[PDB]
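Chains are designated A, B, ... according to the position of each sequence line. Here chain A follows the PDB entry for its numbers: 12-163, 174-193, 197-208, in order, are the residues you see. We number chain B the way the PDB entry does; in order, the residues shown are 12-167, 174-194, 200-208. For the numbers below, each heavy atom of this structure counts, side chains included, while hydrogens, waters and symmetry mates do not. Whatever order the structure lists ligands and atoms in, that order sets their numbers, starting from 1.
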Amino acid sequence: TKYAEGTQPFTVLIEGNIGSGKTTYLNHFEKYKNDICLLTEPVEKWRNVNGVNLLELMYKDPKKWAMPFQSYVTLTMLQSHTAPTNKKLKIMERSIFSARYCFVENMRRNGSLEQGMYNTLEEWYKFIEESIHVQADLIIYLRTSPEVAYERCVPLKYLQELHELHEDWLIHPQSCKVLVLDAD
Amino acid sequence: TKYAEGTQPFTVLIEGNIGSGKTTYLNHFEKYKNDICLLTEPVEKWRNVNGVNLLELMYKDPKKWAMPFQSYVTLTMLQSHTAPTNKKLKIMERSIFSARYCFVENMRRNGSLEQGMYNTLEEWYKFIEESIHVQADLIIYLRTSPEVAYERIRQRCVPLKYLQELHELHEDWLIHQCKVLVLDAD
Ligand SMILES: Cc1cn([C@H]2C[C@H](N=[N+]=[N-])[C@@H](CO)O2)c(=O)[nH]c1=O
Ligand SMILES: Cc1cn([C@H]2C[C@H](N=[N+]=[N-])[C@@H](CO)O2)c(=O)[nH]c1=O
């Protein structure tokens, strides 16, 4: 009864802070193109919504554009999450879950998302779990230290905030199995 | 395969401009509470999102709040559209369709919704039709004239130009091409 229920293979979610080596990690699998479904984070889509670059706009003026940006990120995640495939294994770089628990939650904390905006997104997150099937069998957490992530130009404080949020979500509900890797 | 597919009875959508008499029309059915599922426009939800009054905020500063407001409207619409019921007939005041084709579209035209915002909502509207079943068997269009609507409201306050814009949009969607039933609400 939920959309895309029973249409997805075993699904692996690569999660990690900015600069935890996620793109590198997903590339290792590229020689298996033919047997694995590989979906990188849809940044390209965020950079071009029928011509509009939502990513730049968000950097430019977060108070105004964080809401539409995160709303759109959420959508793209669903698009990946529910995309059909005949492959027997599927790996995604980030997910609806990182978007909600890390990026949106952080924007609330630093007040990029005002109360009304945050709540609209949250209400959508709740409706999404009732209505849309998000296949998630294993998270692979490329755990790092904010400082190491820093070496590979977002501020360091931001990376620490995001680090704590990934730590809260993945180490300290979701009874999906997590696999911690030292990416230091 | 779409959410809420096969879960809904015959559904009637009451559409109309602001002040076309929609609330009055839905009330006629209230004596059939027991046999008809009656869902008024979720204004109450818009007025209180865990405490936040999105309706108010929108009126005060549309450039900022139109996006989250319409995003939330869309959601509430889906909530009504997909709500389960054992009744054999269901009537909604407004719908995801009016919110998309009239209110959102109008906010684009008058630049309350900047290009990026409008597009995010549209992308969501497209995903919503792929993924979520919206039961709609009959629209009842309470057709009126902007002037009469302006009147009916003034007596009961939207500017008149807004009601005209909305009127044209309802006209485009419902008249100048689900079965539609036009009523003269003048
Ligand atoms: C998944 C996700 C990424 N992002 C940002 C962080 C990254 N910034 N840089 N450089 C960018 C690409 O991952 O998008 C976001 O703001 N919200 C989100 O939900
Ligand atoms: C359905 C809908 C209503 N509205 C507004 C118009 C109405 N304004 N007044 N008075 C209010 C209640 O219908 O909500 C909106 O802005 N977007 C929508 O999608």
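The drug placed at ligand 1 in this model is zidovudine. Of all chains here, the one making more contacts with zidovudine (ligand 1) than any other appears in UniProt as Deoxynucleoside kinase. Counting only non-hydrogen atoms, chains lying under 4.0 Å from zidovudine (ligand 1): A. In this structure, the UniProt active-site residue of chain A with the shortest heavy-atom distance to zidovudine (ligand 1) (to 1 Å) is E104(A), 7 Å.
The ATP-binding residues of chain A named by UniProt that have a heavy atom under 4.0 Å from zidovudine (ligand 1) are zero in number.
The shell of residues around zidovudine (ligand 1) (heavy atoms under 4.0 Å) is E52(A), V54(A), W57(A), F80(A), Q81(A), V84(A), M88(A), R105(A), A110(A), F114(A).
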